[PDB]
Engineer: 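Following this message is one structure expressed as structure tokens.
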Amino acid sequence: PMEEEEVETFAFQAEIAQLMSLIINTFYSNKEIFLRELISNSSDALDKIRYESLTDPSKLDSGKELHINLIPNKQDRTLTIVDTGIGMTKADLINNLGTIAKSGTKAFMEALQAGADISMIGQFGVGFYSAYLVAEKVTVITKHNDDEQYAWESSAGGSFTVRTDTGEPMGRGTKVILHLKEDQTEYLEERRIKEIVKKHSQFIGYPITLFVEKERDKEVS
Ligand SMILES: CC(C)c1cc(C(=O)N2Cc3ccc(CN4CCN(C)CC4)cc3C2)c(O)cc1O
């Protein structure tokens, strides 16, 4: 008791659940495209707030800088992507992250079943789920103007939660935290991240900064 937090439990829409189970339980080569999908989503969100701001500068009250940060953390085997885009409302999380059918799900599963490369995922409108190629749990923290901050979370298994987040306030935008699987820690390495960004995500119209830890003082190693 004491403190109270709204936390809502949802089932993924049946075909989304079937897709996630394929993604997780089937071997697929060329998983590095998960990063491309995340950066694409950030870029679209950033485009949206920039566009709205042409007409209403006040929409930038919550964060004037439009950018993306990539944060690998070897301490807890996470890779976080943060952007200062338009963010999502509660309904946007619920609609976009699982509760309803997505047009391309079935066809995408049929393509995978035929041997398509996982890279096609983005075209089918289910790109977010590529996170599950590398992560056993994904947390999405989001904040849209005129709404409160929310945190979506799922370790697959057919369920996800949406909670009102009173933690680290983001101002405005989305932060995706990938808890990487043991056989996917390569994505924590600066060398690998740089390689995949150069390969798949060139000319993103916003600065991308990689946070690195290379100067830690020995006295606090
Ligand atoms: C977790 C994924 C999905 C993700 C989302 C965002 C984010 O906050 N977004 C807000 C937003 C607004 C517009 C668009 C462009 N399209 C999307 C499809 N829609 C039906 C029409 C508008 C995209 C987004 C994504 C994010 O910043 C990063 C993420 O990884």
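In order, the residues displayed for chain A correspond to 11-231 in the PDB entry numbering, which applies throughout. Counting starts at 1 for both ligands and their atoms, in listed order. Technique stated in the header: X-ray crystallography, 1.7 Å.
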Engineer: For ligand 1 in this structure, which bound macromolecule has the most atom pairs within 4.5 Å, going by the PDB entry?
Structural biologist: heat shock protein HSP 90-alpha
Engineer: Please pick one of fevipiprant, flavoxate, ziprasidone, toremifene, onalespib as the drug found at ligand 1.
Structural biologist: onalespib
Engineer: So, for atom 5 (C) of onalespib, does the protein have a heavy atom nearer than 4.0 Å?
Structural biologist: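 Answer yes: something from the protein, a heavy atom, is under 4.0 Å.
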Engineer: Using distance alone, decide if onalespib has a nitrogen or oxygen within less than 3.5 Å of any nitrogen or oxygen in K58.
Structural biologist: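 No, there is no polar N/O contact under 3.5 Å.
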Engineer: Determine if the distance from atom 21 (C) of onalespib to the closest protein heavy atom is below 4.0 Å.
Structural biologist: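 False for atom 21 (C) of onalespib.
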Engineer: I'd like to check whether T152 has a polar contact with onalespib, where a contact means an N/O of the residue lying under 3.5 Å from an N/O of the ligand.
Structural biologist: no
Engineer: Quick one: which onalespib atoms are inside 4.0 Å of a heavy atom on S52?
Structural biologist: 27 (O), 28 (C)
Engineer: Is the contact between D102 and onalespib made by the side chain, the backbone, both, or neither, using heavy atoms and a 4.0 Å cut-off?
Structural biologist: neither
Engineer: If you count the atoms of onalespib from 1 in the order shown, which ones are under 4.0 Å from a heavy atom of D54?
Structural biologist: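 Reading through onalespib atom by atom, the close ones are 14 (C), 15 (C), 23 (C).
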Engineer: List onalespib atoms under 4.0 Å from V186, heavy atoms only on the residue side.
Structural biologist: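 Near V186, the atoms of onalespib are 30 (O).
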Engineer: For onalespib, indicate whether the residue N51 contacts it via side chain, backbone, both or neither (heavy-atom separation under 4.0 Å).
Structural biologist: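 Near onalespib, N51 shows its backbone as well as its side chain.
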Engineer: With a cut-off of 4.0 Å, which atoms of onalespib are near a heavy atom of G97?
Structural biologist: 8 (O), 10 (C)
Engineer: Provide the number and element of each atom of onalespib under 4.0 Å from a heavy atom of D93.
Structural biologist: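 Contacts of onalespib toward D93, numbered from 1: 26 (C), 27 (O), 28 (C).
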Engineer: Can you confirm whether something in the protein, heavy atoms only, sits under 4.0 Å from atom 29 (C) of onalespib?
Structural biologist: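 Yes.
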Engineer: Less than 4.0 Å between atom 1 (C) of onalespib and some protein heavy atom, yes or no?
Structural biologist: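 Within 4.0 Å: yes, protein heavy atom nearby.
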Engineer: Of all the heavy atoms in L48, does at least one lie under 4.0 Å from an atom in onalespib?
Structural biologist: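 The answer is yes, since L48 has a heavy atom less than 4.0 Å from onalespib.
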Engineer: Could you help me figure out which residues touch onalespib at a heavy-atom cut-off of 4.0 Å?
Structural biologist: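 The binding site of onalespib (heavy atoms) is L48, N51, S52, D54, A55, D93, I96, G97, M98, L107, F138, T184, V186.
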Engineer: Where does onalespib get N/O contacts under 3.5 Å from the protein, atom by atom?
Structural biologist:
residue	atom	partner	partner atom	Å
onalespib	8 (O)	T184	OG1	2.7
onalespib	27 (O)	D93	OD1	3.2
onalespib	27 (O)	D93	OD2	2.5

